[PDB]
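Letters A, B, ... are given to chains in the order of the sequence lines, protein chains preceding strands, and every chain is numbered from 1. Per the header: X-ray crystallography, 2.5 Å.
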Amino acid sequence: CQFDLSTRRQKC
Amino acid sequence: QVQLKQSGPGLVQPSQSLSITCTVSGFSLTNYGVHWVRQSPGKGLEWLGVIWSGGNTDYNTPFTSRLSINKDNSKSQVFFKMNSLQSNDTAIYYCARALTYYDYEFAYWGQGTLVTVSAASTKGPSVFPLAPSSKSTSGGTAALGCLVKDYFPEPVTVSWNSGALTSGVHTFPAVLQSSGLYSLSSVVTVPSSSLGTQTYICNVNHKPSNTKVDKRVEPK
Amino acid sequence: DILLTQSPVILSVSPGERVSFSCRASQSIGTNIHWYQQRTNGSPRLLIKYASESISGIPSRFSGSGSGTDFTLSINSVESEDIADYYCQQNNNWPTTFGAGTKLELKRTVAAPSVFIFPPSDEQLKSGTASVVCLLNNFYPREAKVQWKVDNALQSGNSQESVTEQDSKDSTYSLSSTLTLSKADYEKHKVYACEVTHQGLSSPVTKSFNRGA
Ligand SMILES: *[C@@H]1O[C@H](CO)[C@@H](O)[C@H](O)[C@H]1NC(C)=O
């Protein structure tokens, strides 16, 4: 997973 | 209440410098240290450094060469500055305060500042209505929205009826178009009987371009 | 620097269940570990300090244990508002370092999407571009297919999807599929259809309009 700048959530 | 409010998000050109202002209240900069932490896709949460009560600074090792932290106690402001940014310095930057004056357990955070490192230009969005109709009204519920199109960089904030309307709102994550500009939609579901009496406005704000637009969305 | 390894990468549980997060350190760090929650579009919120010590304003259902290298954040009865990422932080050794986070997803019953379709506004058409939006609202689970058709021609490669994070109240997702055409192409066609396939639908649901009426 990587941190997503758009949502401030982890994106897997 | 204890609060930290950061300056707005924006673009910085590659090899240029980043400046963020953190403004605090509910405590004194003479009693507490203020820390800076960033969050990026490549490296996650990184502690960057700190300015202590008495003015001393510590910088995380890979940042000592390009990081300066200063403050004005009287104005309750902390000033963050980082030199020669590159792409992977694109991140959310936060200021933060610990529970106790000497510690590192971060109980209070700023709202974050999204910094995009890019050679491109700032561009404000166009806002287009996603109008409700019968092809968007089932069982008494109507869907309506706003298309916020062709802006750069992120972020854009969207609200409905100046904050009064939040229930049933969905603001979608932005997507990068082939043009290298972002686009998103924000929708909301409402009782279709209310379309004749209530006004629906999406309030769009693109701080990096200082573009504020209120779009009224009516049934067509 | 201390390497913190968080496992697993994603957790998925049903509401009411207990759940535990693991944070492992590369060398002993006593109990110098803090835990944070990050919700969609939020800043980190401090949950636990020094492995097990409580934080004011944090619900009692959150706790932590561990010492040395192996640490555990626990939620004794998960609620939908707990949908978030969770991070550990060590401060036994300068500089303070964080783990890479664990994602917490919530299970729930299957919910079919409500589908709405929106033609391009005449406003947008003045700029020479046409966006056609298809909304799939409040469904579960996340997997869905959107198929676009213009005058019965399959559209491929000219649409983009965005999906929300899980809703903190009802645990559903919503999805937007946007189809983008030049104004010229848009005017050369009549029937615009969005077809939606989802586990909660017995048949694909199609929403469509004719350019005009
Ligand atoms: C940015 O790139 C440098 C090398 O140019 C690397 O050392 C550093 O870890 C990178 N930072 C990231 C990916 O956040």
(message) Can you point out which of ranibizumab, cetuximab, erenumab, garadacimab, briakinumab is the drug at chains B and C?
(response) cetuximab
(request) Please look at C:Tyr86 and chain A and tell me whether the side chain, the backbone, both or neither of the residue comes under 4.5 angstrom of a heavy atom of that chain. (result) neither
(request) Please flag which part of C:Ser43 lies under 4.5 Å from any non-hydrogen atom of chain A: side chain, backbone, both or neither. (result) both
(message) I need the chain of cetuximab (chains B and C) with the most heavy-atom pairs under 4.5 Å with chain A. Which is it?
(response) chain C
(request) Counting only heavy atoms closer than 4.5 Å, note whether C:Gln38 contacts chain A via side chain, backbone, both or neither. (result) both
(message) Mind listing the residues near cetuximab (chains B and C)? I'm using heavy atoms under 4.5 Å.
(response) A:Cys1, A:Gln2, A:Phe3, A:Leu5, A:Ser6, A:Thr7, A:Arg8, A:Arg9, A:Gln10, A:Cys12
(request) Retrieve the molecule name assigned to chain C in the deposit. (result) Cetuximab Fab light chain
